[PDB]
Amino acid sequence: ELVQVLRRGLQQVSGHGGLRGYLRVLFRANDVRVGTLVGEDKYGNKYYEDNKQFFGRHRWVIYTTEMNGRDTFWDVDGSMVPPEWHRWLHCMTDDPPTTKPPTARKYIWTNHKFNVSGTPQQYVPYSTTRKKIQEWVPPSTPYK
Amino acid sequence: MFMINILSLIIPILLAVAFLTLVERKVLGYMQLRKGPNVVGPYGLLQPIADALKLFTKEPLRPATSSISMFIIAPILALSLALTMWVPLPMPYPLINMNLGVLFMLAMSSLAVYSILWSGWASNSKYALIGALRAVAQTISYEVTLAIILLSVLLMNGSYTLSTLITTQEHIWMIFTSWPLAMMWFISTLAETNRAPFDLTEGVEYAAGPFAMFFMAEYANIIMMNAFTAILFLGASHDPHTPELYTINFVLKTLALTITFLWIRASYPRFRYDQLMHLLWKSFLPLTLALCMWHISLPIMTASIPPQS
Amino acid sequence: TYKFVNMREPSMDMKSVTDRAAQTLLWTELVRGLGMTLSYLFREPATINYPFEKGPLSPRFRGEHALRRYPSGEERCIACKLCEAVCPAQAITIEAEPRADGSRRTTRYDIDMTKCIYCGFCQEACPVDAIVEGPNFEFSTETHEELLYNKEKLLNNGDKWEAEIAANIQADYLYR
Amino acid sequence: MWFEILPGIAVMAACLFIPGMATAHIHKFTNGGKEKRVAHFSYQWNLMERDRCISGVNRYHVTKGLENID
Amino acid sequence: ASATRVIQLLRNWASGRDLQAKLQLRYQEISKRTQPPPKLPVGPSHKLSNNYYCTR
Amino acid sequence: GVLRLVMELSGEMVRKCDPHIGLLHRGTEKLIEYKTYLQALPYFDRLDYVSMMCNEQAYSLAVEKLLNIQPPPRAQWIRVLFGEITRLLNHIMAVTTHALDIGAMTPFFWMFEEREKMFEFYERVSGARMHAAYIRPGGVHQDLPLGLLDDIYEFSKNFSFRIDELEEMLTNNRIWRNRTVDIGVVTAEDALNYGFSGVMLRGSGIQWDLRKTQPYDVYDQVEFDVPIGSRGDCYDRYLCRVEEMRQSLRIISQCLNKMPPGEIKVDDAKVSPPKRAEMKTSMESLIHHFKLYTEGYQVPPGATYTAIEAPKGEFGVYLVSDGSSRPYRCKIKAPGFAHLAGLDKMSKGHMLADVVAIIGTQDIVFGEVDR
Amino acid sequence: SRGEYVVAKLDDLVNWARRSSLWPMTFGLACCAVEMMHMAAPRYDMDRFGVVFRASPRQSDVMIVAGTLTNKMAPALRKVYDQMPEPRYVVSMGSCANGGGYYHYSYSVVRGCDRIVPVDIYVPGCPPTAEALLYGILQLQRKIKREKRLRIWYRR
Ligand SMILES: CCCCCCCCCCCCCCCCCC(=O)OC[C@H](COP(=O)([O-])OCC[N+](C)(C)C)OC(=O)CCCCCCCCCCCCCCCCC
Ligand SMILES: CCCCCCCCCCCCCCCCCC(=O)OC[C@H](COP(=O)([O-])OCC[N+](C)(C)C)OC(=O)CCCCCCCCCCCCCCCCC
Ligand SMILES: CCCCCCCCCCCCCCCCCC(=O)OC[C@H](COP(=O)([O-])OCC[N+](C)(C)C)OC(=O)CCCCCCCCCCCCCCCCC
Ligand SMILES: CCCCCCCCCCCCCCCCC[C@@H](O)O[C@H](CO[C@H](O)CCCCCCCCCCCCCCC)COP(=O)(O)OCC[N+](C)(C)C
Ligand SMILES: CCCCCCCCCCCCCCCCC[C@@H](O)O[C@H](CO[C@H](O)CCCCCCCCCCCCCCC)COP(=O)(O)OCC[N+](C)(C)C
Ligand SMILES: CCCCCCCC/C=C/CCCCCCCC(=O)OC[C@H](COP(=O)(O)OCCN)OC(=O)CCCCCCC/C=C/CCCCCCCC
Ligand SMILES: CCCCCCCC/C=C/CCCCCCCC(=O)OC[C@H](COP(=O)(O)OCCN)OC(=O)CCCCCCC/C=C/CCCCCCCC
Ligand SMILES: CC(C)NC(=N)NC(=N)Nc1ccc(Cl)cc1
Ligand SMILES: CC(C)NC(=N)NC(=N)Nc1ccc(Cl)cc1
Ligand code: SF4
Ligand code: SF4
Ligand code: SF4
């Protein structure tokens with residue numbers, strides 16, 4: 001009935017923590033659905049799951065308001081997620097990183113970085129090999 | 001106070017045009033299983049503003065080989081005639097109460113035909129000129145059919161007054177009375193407004209600001225046509241002491257008719273030019289003439305001639 | 001076997017003629033199309049809320065390239081140039097020399113991502129599983145140069161995506 | 001869902017409400033709380049002119065009656 | 001899905017067919033994204049004897 | 001978007017059509033000559049990019065015929081199943097884009113959601129949503145992941161309703177009938193001789209189909225009907241395409257029921273690469289992997305012409321091998337080339353919209369037209 | 001400064017409109033065009049971002065070069081780019097548009113559309129995923145957000 005739908009909408013309003021939270025999730029995420037929290041990474045992203053939605057909308061992420069040195073309250077990217085939560089969100093597996101932590105290595109990055117194109121941290125190519133032919137340096141002593 | 005009334009008639013029409021663009025996009029998306037604009041604002045209630053700002057702060061491309069006089073006059077004429085056709089419409093009281101309001105609408109539409117021809121001839125391009133000529137032919141043919149239908153309908157009204165139309169439709173609906181005329185009127189309004197399945201012109205030279213003028217004029221014409229159809233065939237009950245009920249009912253009917261316009265555009269394919277031309281002269285015009293004869297004969301043979309006053 | 005799709009003469013009896021005439025005068029099929037479109041309008045949209053929601057993928061997905069390391073930290077590539085031999089687009093350039101400790105290791109390893117066709121032949125031909133196609137697909141750049149990866153960029157990609165790449169390889173290494 | 005189209009339709013309805021309501025309110029305000037007289041014919045115009053003359057305040061809507069004649 | 005009963009009746013009547021049976025959206029009827037490890041079979045030439053390549 | 005058309009009109013009629021093809025020519029044949037046999041597979045993958053796996057299958061059949069080897073039965077069944085899936089994709093694209101050119105767009109969006117689901121199937125089986133490069137000479141690259149057949153079955157269950165919804169909007173629509181009926185009529189003899197194949201022949205009424213006359217893979221072990229037109233116009237061709245979609249659904253059901261077990265590539269390490277575990281534990285396997293991925297297998301000298309019933313008609317490969325590991329010559333016969341050549345014949349006595357409808361019903365891919 | 005504040009706010013307002021309302025002209029030349037149709041499909045729905053499905057060259061602000069640009073086709077691309085009214089942006093989608101792709105060494109292929117038109121965004125892939133193209137479009141939007149036309153003009 002319409003009454004049930006209105007009650008569900010009011011519950012969604014109350015589920016986000018009042019009015020300010022509802023408005024925040026409406027304006028910076030364009031969706032006000034509520035789902036069970038699965039976990040949170042070290043950057044502030046919150047990952048939610050709701051299996052009642054159809055496939056492709058049953059898992060989502062609310063991005064943090066500040067990642068690394070960039071203010072990401074409005075400017076949110078798809079590259080801001082760490083690799084393990086990236087795999088979980090893209091549904092290559094059914095196991096969240098909290099349940100199945102990734103294997104730890106001494107060379108794996110501890111801090112994740114998003115796309116740095118258009119920024120001073122952007123990648124610039126260069127040749128990684130040494131010079132091929134060495135020239136002959138003339139003697140420093142005059143002959144006459 | 002009359003200038004205040006004029007502004008209250010004008011500005012809400014433009015706002016309704018912008019939000020009609022928004023509503024059309026969202027309705028088409030939901031019919032096509034998409035979502036439509038829901039990102040720019042809350043549920044997408046900033047897309048018309050963003051589009052207007054971009055089109056205003058977009059560079060124009062006025063051709064060097066073009067008549068500047070016509071290039072400026074055509075959008076001005078189109079917008080002025082789009083806004084003018086709202087002053088005789090009663091809702092429930094017209095801004096300008098005219099004894100002959102219907103003929104004013106016909107004359108305004110006939111003059112509004114000139115905008116397409118002038119815009120086509122201003123570009124000094126052969127292909128745009130040919131497209132404009134085809135559009136002019138389609139518009140004038142469906143103008144003939146609209147005029148005959150509107151003459152047929154008003155024979156049960158007694159005059160050319162839309163207030164008298166309301167008084168006539170106080171009891172029952174002209175759509176109940178003359179539904180075949182309603183069908184042909186709706187199709188002819190679609191063809192006149194050049195909406196699908198009759199968008200042959202869009203199926204170009206103007207850009208940026210002047211393009212927005214034509215867009216607003218076309219959408220205002222669409223809204224005006226839907227409002228006129230709602231008044232003519234879906235007459236609401238008018239209470240002199242609480243006029244707001246009639247206004248609410250009329251606005252709801254106009255919105256329903258415009259939504260039906262969008263629905264038809266989403267649903268149907270496009271006619272060919274010769275196919276739609278044969279649609280009128282060989283299918284609509286004979287039936288229109290027959291129904292005109294029938295509606296002339298009906299009041300006489302049933303002793304139900306409407307009062308002149 | 002075969003069948004006819006448009007060979008069916010309509011009946012000419014008065015009932016059928018009247019039905020067809022009513023269909024012509026009263027737009028029955030057009031009303032049917034309107035009803036179908038209205039039903040689709042009242043159905044639920046199939047749009048995901050990108051970038052907060054992502055489309056499903058598979059462990060076999062091919063995206064940004066990366067170079068892996070051993071658990072000991074030594075890089076897996078042994079400078080064998082099967083990459084360069086098997087690359088259809090010739091997007092891989094490899095130069096090698098003996099390392100300071102005598103190992104067979106690369107000194108130049110460049111992949112032109114604007115020339116690569118993302119076909120996945122390089123990770124099939126690797127005898128040591130060094131070069132892989134990572135799951136990342138959101139590495140768009142604002143300049144042409146940034147898409148000319150080198151050994152440092154590929155090693156950084158491998159270190160950055162090592163966990164997810166290792167998980168995908170573990171999940172899909174029995175089919176290879 | 002499909003109810004997300006309502007806010008745009010609501011704004012359109014609010015915009016289209018303004019013309020008729022404003023016209024009715026202005027007509028009632030400029031005529032002493034009564035509907036504007038419809039002078040479609042010369043007889044009606046003569047009636048309006050006579051009403052204005054008998055009112056004498058140069059307003060046709062100021063109506064006078066039995067208390068005015070006697 | 002999650003539509004109201006009146007909406008379901010309206011969409012079924014407008015389309016003319018029962019749309020609840022055939023849904024365009026996938027609701028938990030698809031396979032799990034994580035599957036048990038496989039064990040692929042070997043071909044006919046995985047023989048330790050009488051498998052000379054000159055005969056095949 | 002890469003078509004240039006020079007049209008001479010008489011008022012409203014079209015008196016001359018001249019297609020100026022060549023805006024998407026890339027020297028694919030010469031590049032294939034410069035590549036090896038394994039490195040030339042993506043070139044066929046990118047020829048007709050709505051029938052990617054069909055082109056892969058045609059090239060694989062040509063190379064296997066030259067090599068005188070035979071794929072395993074499971075590989076053949078997988079190839080047939082994915083060829084039918086690709087046929088569904090191509091027919092959806094053709095019909096929906098034909099409607100999109102002529103007006104209607106809602107069926108385009110619906111059937112493109114269906115195409116998105118089929119692309120999900122493609123990505124699951126190969127890792128690439130469009131250009132799988134999955135069918136290779138000797139079988140297929142990898143075995144099907146567990147649980148893929150169940151999802152294919154679900155998709156096949158929920159597709160006949162989609163076809164019915166598509167037909168509700170176009171089949172009996174009077175506007176669609178006006179736009180497509182008695183336009184682009186071609187007789188059987190003219191169609192043949194101009195060099196027509198597939199849907200054009202079936203619409204004109206010729207009872208010809210490669211899948212039944214010259215079976216390949218395991219197409220002779222399935223039952224399906226071949227639609228036949230009567231008037232040879234756009235409407236008949238559209239009906240034939242819809243019925244072909246239904247028949248491909250039937251074939252997909254049969255393949256799902258009768259998928260066999262076994263290996264997915266020929267057990268010949270001198271042609272098909274050995275498994276990674278064998279390569280990392282066996283010296284012969286390592287040598288064969290090295291040689292196959294560096295030099296490539298040699299093909300005996302000869303010349304072959306192998307044609308398959310791609311969704312757009314007869315797609316053929318004329319492959320000439322000089323005994324090396326790289327093809328000496330590779331001619332690609334695309335069905336759209338002859339159709340676009342015959343466009344001028346079909347456009348006589350019509351208008352611009354009719355020309356658009358004729359192009360749409362010819363279903364031209366300029367990638368395969370130009371190569 | 002009040003003038004600095006006003007020009008900054010006006011720049012933010014103008015950039016917001018251009019960022020939110022994008023009307024791209026799709027130059028679909030090859031297989032990369034199919035992924036654009038799938039981005040416009042219901043699942044991703046490029047329309048919901050304010051990116052109109054299609055537009056004419058006169059009313060377009062973004063040109064998406066998606067496909068192999070050949071020598072016989074380059075002049076037409078340059079002509080339509082010239083006909084586009086400023087401000088105009090270019091998104092090169094796919095390997096063929098970015099560099100040469102599979103056809104880099106061909107005699108009849110332009111090795112990168114950046115040899116013909118100035119490209120603003122490069123999207124890598126063959127073909128790029130619909131999500132990849134959507135990410136490229138959003139990156140273009142965020143790049144527009146950093147434009148400072150009025151700030152530069154006021155400091156001239
Ligand atoms: C670009 C083409 C332009 C073409 C036109 C150029 C010249 C314009 C000349 C304007 C003449 C105005 C005539 C009316 C003057 C007042 C008379 C009066 O009070 O009439 C009462 C009548 C009352 O209507 P009635 O018929 O009900 O009257 C009977 C009822 N009583 C007696 C009680 C009043 O008003 C009308 O008839 C209204 C219709 C007027 C039609 C003429 C003006 C048309 C304007 C639109 C066309 C031009 C648009 C240009 C746009 C810009 C282009 C760049
Ligand atoms: C996109 C899908 C569209 C589906 C169809 C939507 C319209 C449904 C009508 C049938 C199809 C269209 C036929 C042509 C138009 C018919 C017009 C018609 O009959 O309209 C019926 C009613 C008005 O008719 P009515 O019954 O109110 O008027 C009575 C008239 N007399 C007194 C003379 C008998 O209008 C509507 O239903 C409006 C529909 C469009 C607007 C949708 C959003 C608003 C939803 C309802 C809000 C209700 C509260 C509003 C505020 C109230 C404050 C007190
Ligand atoms: C119903 C409403 C209809 C109208 C709606 C639209 C109008 C309302 C919104 C307008 C927003 C502003 C848009 C302006 C255009 C910006 C983009 C543009 O074109 O940039 C190109 C140029 C950039 O200049 P440029 O010279 O650097 O250009 C670069 C060089 N070329 C030309 C080669 C590209 O913009 C301008 O030149 C605009 C400058 C004037 C506008 C005002 C800026 C200053 C405002 C503050 C002044 C001081 C205030 C304090 C003191 C007051 C004292 C009285
Ligand atoms: C009748 C016509 C009405 C038209 C409008 C009807 C619908 C109106 C809906 C408006 C809902 C509110 C929108 C608010 C959007 C977000 C506002 C904010 O995010 O933007 C600010 C700037 O935006 C503007 O200031 C807000 C404008 C809101 C809309 C104003 C009314 C719309 C204009 C109406 C024009 C009508 C004429 C045009 C017709 C075509 C920047 O703030 P920020 O930098 O992040 O600060 C940090 C964020 N913190 C504080 C949470 C930490
Ligand atoms: C017919 C002509 C119409 C004229 C209308 C004139 C009126 C001005 C128009 C005002 C429209 C509303 C203001 C703009 C709405 C901002 C909405 C807000 O939410 O945008 C924020 C952007 O804020 C930016 O900081 C710019 C703020 C917008 C500009 C506000 C300027 C201040 C108000 C206008 C002042 C005008 C100058 C006054 C000088 C005295 C964040 O959104 P976004 O960027 O998408 O990032 C989120 C991306 N998601 C959705 C995917 C998560
Ligand atoms: C498939 C259909 C396409 C064929 C038909 C399309 C016709 C388009 C013809 C292209 C020729 C270009 C000229 C025609 C449009 C003129 C637009 C114009 O005048 O723009 C002026 C404006 C000038 O700058 P401003 O904005 O005023 O100042 C700020 C500077 N940043 O914009 C410009 O920058 C354009 C200036 C150079 C463009 C003109 C150079 C080419 C002229 C050669 C003559 C060609 C004429 C075409 C003849 C057509 C019949 C054969
Ligand atoms: C306002 C309420 C809205 C409710 C309806 C929702 C919207 C419905 C709109 C859907 C329509 C879709 C757009 C239609 C565009 C095309 C219309 C069309 O094709 O009609 C043409 C149609 C057929 O054309 P063809 O078949 O192509 O020509 C071949 C001839 N053998 O011709 C017509 O004129 C249609 C008929 C209209 C008039 C119908 C009159 C029926 C007969 C009236 C008999 C009663 C006489 C009164 C005397 C009574 C005596 C007691
Ligand atoms: C048919 C397509 C090109 N149109 C649109 N999606 N929106 C549109 N032309 N833009 C717009 C919005 C508001 C106003 Cl007042 C004037 C123009
Ligand atoms: C080469 C084949 C596979 N591709 C397609 N571009 N067919 C085509 N008619 N599709 C299409 C898509 C959008 C528009 Cl606006 C107009 C046409
Ligand atoms: S994916 Fe293919 S084209 Fe790309 S680098 Fe690897 S082998 Fe070369
Ligand atoms: S195949 Fe492996 S070991 Fe050989 S060059 Fe490539 S990454 Fe290095
Ligand atoms: S980059 Fe790949 S998918 Fe895109 S046009 Fe080139 S070959 Fe086709």
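Throughout, a chain's letter reflects where its sequence line sits, starting with A, and its residues are numbered from 1. Start at 1 and go down the list; that is how both ligands and their atoms are numbered. Heads up: this isn't the whole entry, just a piece of it, and contacts are only counted within that piece. Structure method, as recorded: electron microscopy, 3.1 Å.
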I keep wondering which chain grabs ligand 8 the most here. What name does UniProt give it?
NADH-ubiquinone oxidoreductase chain 1
Ligand 8: pick from amiloride, minoxidil, nitroglycerin, proguanil:
proguanil
Which other chains are in heavy-atom contact (under 4.0 Å) with proguanil (ligand 8)?
B, G
Chain G - name per PDB
NADH dehydrogenase [ubiquinone] iron-sulfur protein 7, mitochondrial
For proguanil (ligand 8), which transmembrane segments of chain B, in UniProt's N-terminal-first numbering, have a heavy atom under 4.0 Å away?
1, 6
Can you identify the residue and atom to which the deposited model gives proguanil (ligand 8) a covalent bond?
none
Listed by chain and number, which residues of other chains have a heavy atom closer than 4.0 Å to any atom of proguanil (ligand 8)?
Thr21(B), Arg25(B), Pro48(B), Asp51(B), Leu55(B), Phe215(B), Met216(B), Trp23(G)
